[PDB]
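Figure: amprenavir in its bound pose on HIV-1 protease.
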Protein chains: 2
Amino acid sequence: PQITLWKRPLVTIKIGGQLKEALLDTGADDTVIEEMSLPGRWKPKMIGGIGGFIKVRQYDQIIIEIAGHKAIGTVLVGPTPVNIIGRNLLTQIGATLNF
Amino acid sequence: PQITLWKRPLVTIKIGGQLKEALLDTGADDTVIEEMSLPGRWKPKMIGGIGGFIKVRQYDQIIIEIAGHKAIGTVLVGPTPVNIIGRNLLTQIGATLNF
Ligand SMILES: CC(C)CN(C[C@@H](O)[C@H](Cc1ccccc1)NC(=O)O[C@H]1CCOC1)S(=O)(=O)c1ccc(N)cc1
Ligand SMILES: [Cl-]
């Protein structure tokens, strides 16, 4: 699908059995999802941006269905205002920025 | 061009006669650049990032060249980790997300 940017590029995703809305973000290195429970071991990490840093839990090898496309990779779970799909998963679904 | 996301989508921008590096950021509503001197009066603006809200200076009708493409629009100046080209200017250069 070809997504224009007149508005936030939001899509529906499936993770850990729940349905959520997330932003397709080329500016985000890794994917970050709001507080939720995920299975497995995790390790703490700090990610920073506009406003500073937040502490997140790094879960590896998580499966996510992005707009009907399955993908595997690291997911950061923490107090983010919005669910963000980063480059680590955008690449897996073959997303590109065109102009 | 067609930009894959295996690495940060960085591009050269030309603003105020200077060459700078900037990130094509679909998850950013506005364009935010590091401290520098811009012409005209500014208005105050509050923007929200991953770590909270910050105060920036808004300059309108600034001429900016993004990867060789000329745009003219709003540019915010403040304490940002990297120069960010947000949706306000991406729409001007006709950028889309495809997959
Ligand atoms: C600042 C860039 C370099 C990185 N951020 C991505 C950006 O797309 C970020 C996404 C976002 C949108 C709305 C609320 C909160 C975050 N937009 C952003 O700050 O929008 C501001 C600037 C203009 O409009 C509002 S990040 O969230 O800090 C980040 C850092 C590390 C990881 N692993 C993932 C995400
Ligand atoms: Cl590829």
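Chains: lettered A, B, ... by order of sequence lines. Chain A residue numbers are taken from the PDB entry; in order, the displayed residues are 101-199. Chain B is numbered as in the PDB entry; shown residues: 1-99, in order. Note: hydrogens, waters and symmetry copies are ignored here, and every other heavy atom, side chains too, is used. Counting starts at 1 for both ligands and their atoms, following the listed order.
Mapped onto the model, all copies of amprenavir cover ligand 1. The other chains with any non-hydrogen atom less than 4.0 Å from amprenavir are A, B. By chain and number, the binding site of amprenavir at a non-hydrogen cut-off of 4.0 Å is A:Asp125, A:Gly127, A:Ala128, A:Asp130, A:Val132, A:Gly148, A:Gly149, A:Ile150, A:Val182, A:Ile184, B:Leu23, B:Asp25, B:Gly27, B:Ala28, B:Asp29, B:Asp30, B:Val32, B:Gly48, B:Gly49, B:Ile50, B:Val82, B:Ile84. Atom 29 (C) of amprenavir has B:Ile50 CD1, 4.2 Å as its closest protein atom, hydrogens excluded (heavy atom only). Closest to atom 25 (C) of amprenavir, if we only count protein heavy atoms, is B:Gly48 O, 3.6 Å. Of the protein's heavy atoms, B:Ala28 CA, 3.7 Å lies nearest to atom 20 (O) of amprenavir. Counting only heavy atoms of the protein, atom 1 (C) of amprenavir lies nearest to B:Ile84 CD1, 3.7 Å. The atoms of amprenavir that sit less than 4.0 Å from any heavy atom of B:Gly49 are 15 (C), 19 (O). Nearest protein neighbour of atom 23 (C) of amprenavir, counting heavy atoms only, is B:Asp30 O, 3.4 Å. Between B:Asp25 and amprenavir, at least one pair of N/O atoms sits closer than 3.5 Å. Near A:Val132, meaning under 4.0 Å from one of its heavy atoms, amprenavir places the atoms 34 (C). For atom 18 (C) of amprenavir, the closest non-hydrogen atom on the protein side is B:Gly27 O, 4.2 Å. When hydrogens are left out, the protein atom nearest atom 13 (C) of amprenavir is A:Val182 CG1, 3.6 Å; that is the closest non-hydrogen contact. Looking from atom 31 (C) of amprenavir to the surrounding protein, the closest heavy atom is A:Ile147 CB, 4.0 Å.
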